[PDB]
Enquirer: 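Structure of interest includes hydrocortisone; see the questions below.
Letters A, B, ... mirror the listed sequences (proteins, then strands); counts begin at 1. Because only heavy atoms are used, hydrogens play no part in the values below, and waters and symmetry mates are left out as well, while side chains stay in. Ligands are counted one by one from 1 in listed order, and the atoms in each one are counted from 1 as well.
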Amino acid sequence: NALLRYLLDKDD
Amino acid sequence: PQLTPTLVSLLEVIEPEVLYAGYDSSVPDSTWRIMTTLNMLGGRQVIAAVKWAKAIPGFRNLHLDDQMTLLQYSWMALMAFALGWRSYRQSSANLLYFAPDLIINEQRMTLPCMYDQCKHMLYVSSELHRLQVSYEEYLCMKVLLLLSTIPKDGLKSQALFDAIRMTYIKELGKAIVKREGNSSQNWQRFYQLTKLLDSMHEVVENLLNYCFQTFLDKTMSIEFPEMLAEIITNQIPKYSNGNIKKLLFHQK
Ligand SMILES: C[C@]12CCC(=O)C=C1CC[C@@H]1[C@@H]2[C@@H](O)C[C@@]2(C)[C@H]1CC[C@]2(O)C(=O)CO
């Protein structure tokens, strides 16, 4: 959960 | 095309460059030391895939819980398939090109259990050169693999999803036509390539229960990185009850 969800949901 | 976009071009340039395994071969090779290194490599590739996924035109528009359900179901499919492509384009042997700083040769191939598993992998690389699958065809297929497996009761954004999937199916069709143009066997090939895709479910099934075995079996020396460990610990449940829908191009 935690780790994966963070990674995508962002916006480089 | 240029005017607006091809998805296969917009893909070929989001396509991750190889990562270096960071392997030290100044020391003898061993079953454990390799698998563990690959897992470590795998963790980094998957992070290099999480980006790719969001940078896939259409992907970032699904339900959050969907976009990660997809990556969680198909990370193995992505890794295994891209494995073939590297082996294919880089080398030619019944070897495997995990990284430029790590290639399983017929020497490493002959390690304890190294080949038991390197088997199913080698396969995917066979087809890609057999069907002379092209970078343009491969890139569309790889996207379709990301969109190949969904929750047993469909995603939350099923509609939008089904719409995206079909787009890349047509893009795959475009690739087949845009190769040479000898239409004669184009539909033939489309049948084949989507047959390949359907069979990736098999190779994943096998690669995954060995991933799960090495992850549960604490006698072996194999270690996993944090990233992979979380994904795996989450998947062992689902895969141990039945919540999974594997999409097929041919229900033959
Ligand atoms: C993603 C990965 C590493 C990086 C890569 O280019 C391709 C793959 C696909 C197959 C994966 C592999 C590693 O993680 C180690 C795995 C899981 C292997 C399948 C079985 C495996 O050898 C093990 O089960 C090790 O315990």
Enquirer: Please name the chain that forms the largest contact set with hydrocortisone (ligand 1), as given in the PDB entry.
Expert: Glucocorticoid receptor
Enquirer: Can you give me the letters of other chains with a heavy atom under 4.0 Å from hydrocortisone (ligand 1)?
Expert: B
Enquirer: Between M114(B), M121(B), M40(B), which one has a non-hydrogen atom sitting closest to atom 18 (C) of hydrocortisone (ligand 1)?
Expert: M121(B)
Enquirer: Report the residue and atom in covalent bond with hydrocortisone (ligand 1) in the deposited model.
Expert: none
Enquirer: Need the hydrocortisone (ligand 1) atom indices (1-based, order shown) with element for anything under 4.0 Å from a heavy-atom of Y210(B).
Expert: 24 (O)
Enquirer: Using heavy-atom distances, let me know which of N209(B), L19(B), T214(B), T31(B) sits nearest atom 25 (C) of hydrocortisone (ligand 1).
Expert: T214(B)
Enquirer: Run the numbers for me: atoms of hydrocortisone (ligand 1), each under 4.0 Å from some heavy atom of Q45(B), listed by number.
Expert: 4 (C), 5 (C), 6 (O)
Enquirer: Within a distance under 4.0 Å of any heavy atom of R86(B), pick out the atoms of hydrocortisone (ligand 1) and give their elements.
Expert: 6 (O)
Enquirer: Pick whichever of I34(B), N39(B), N206(B) has a heavy atom sitting closest to atom 14 (O) of hydrocortisone (ligand 1).
Expert: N39(B)
Enquirer: Considering only heavy atoms of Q117(B), which atoms of hydrocortisone (ligand 1) have at least one such atom less than 4.0 Å away?
Expert: 20 (C), 22 (O), 23 (C), 24 (O)
Enquirer: Kindly indicate whether atom 12 (C) of hydrocortisone (ligand 1) is approached by any protein heavy atom to under 4.0 angstrom.
Expert: no
Enquirer: Suppose we measure from atom 3 (C) of hydrocortisone (ligand 1) to each protein heavy atom; which comes out shortest, and what is that distance?
Expert: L38(B) O, 3.5 Å
Enquirer: Can you sort out which atoms of hydrocortisone (ligand 1) are near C211(B), meaning under 4.0 Å from one of its heavy atoms?
Expert: 24 (O)
Enquirer: Could you tell me which atoms of hydrocortisone (ligand 1), counted from 1 in the order shown, lie closer than 4.0 angstrom to a heavy atom of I222(B)?
Expert: 26 (O)
Enquirer: On a heavy-atom basis, I'd like to know which of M79(B), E223(B), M76(B) is closest to atom 10 (C) of hydrocortisone (ligand 1).
Expert: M76(B)
Enquirer: Most of the contacts with hydrocortisone (ligand 1) on chain B come from which UniProt domain?
Expert: NR LBD
Enquirer: Can you list, by chain and number, the residues with heavy atoms within 4.0 Å of hydrocortisone (ligand 1)?
Expert: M35(B), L38(B), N39(B), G42(B), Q45(B), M76(B), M79(B), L83(B), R86(B), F98(B), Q117(B), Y210(B), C211(B), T214(B), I222(B), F224(B)
Enquirer: Would you tabulate the polar-atom pairs, meaning N/O of hydrocortisone (ligand 1) against N/O of the protein, with distances under 3.5 Å, reported to 0.1 Å?
Expert:
| unit_1 | atom_1 | unit_2 | atom_2 | d |
| --- | --- | --- | --- | --- |
| hydrocortisone (ligand 1) | 6 (O) | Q45(B) | OE1 | 3.0 |
| hydrocortisone (ligand 1) | 6 (O) | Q45(B) | NE2 | 3.2 |
| hydrocortisone (ligand 1) | 6 (O) | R86(B) | NH2 | 2.9 |
| hydrocortisone (ligand 1) | 14 (O) | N39(B) | OD1 | 2.9 |
| hydrocortisone (ligand 1) | 24 (O) | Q117(B) | OE1 | 3.3 |
| hydrocortisone (ligand 1) | 24 (O) | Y210(B) | O | 3.3 |
| hydrocortisone (ligand 1) | 24 (O) | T214(B) | OG1 | 3.3 |
| hydrocortisone (ligand 1) | 26 (O) | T214(B) | OG1 | 2.6 |

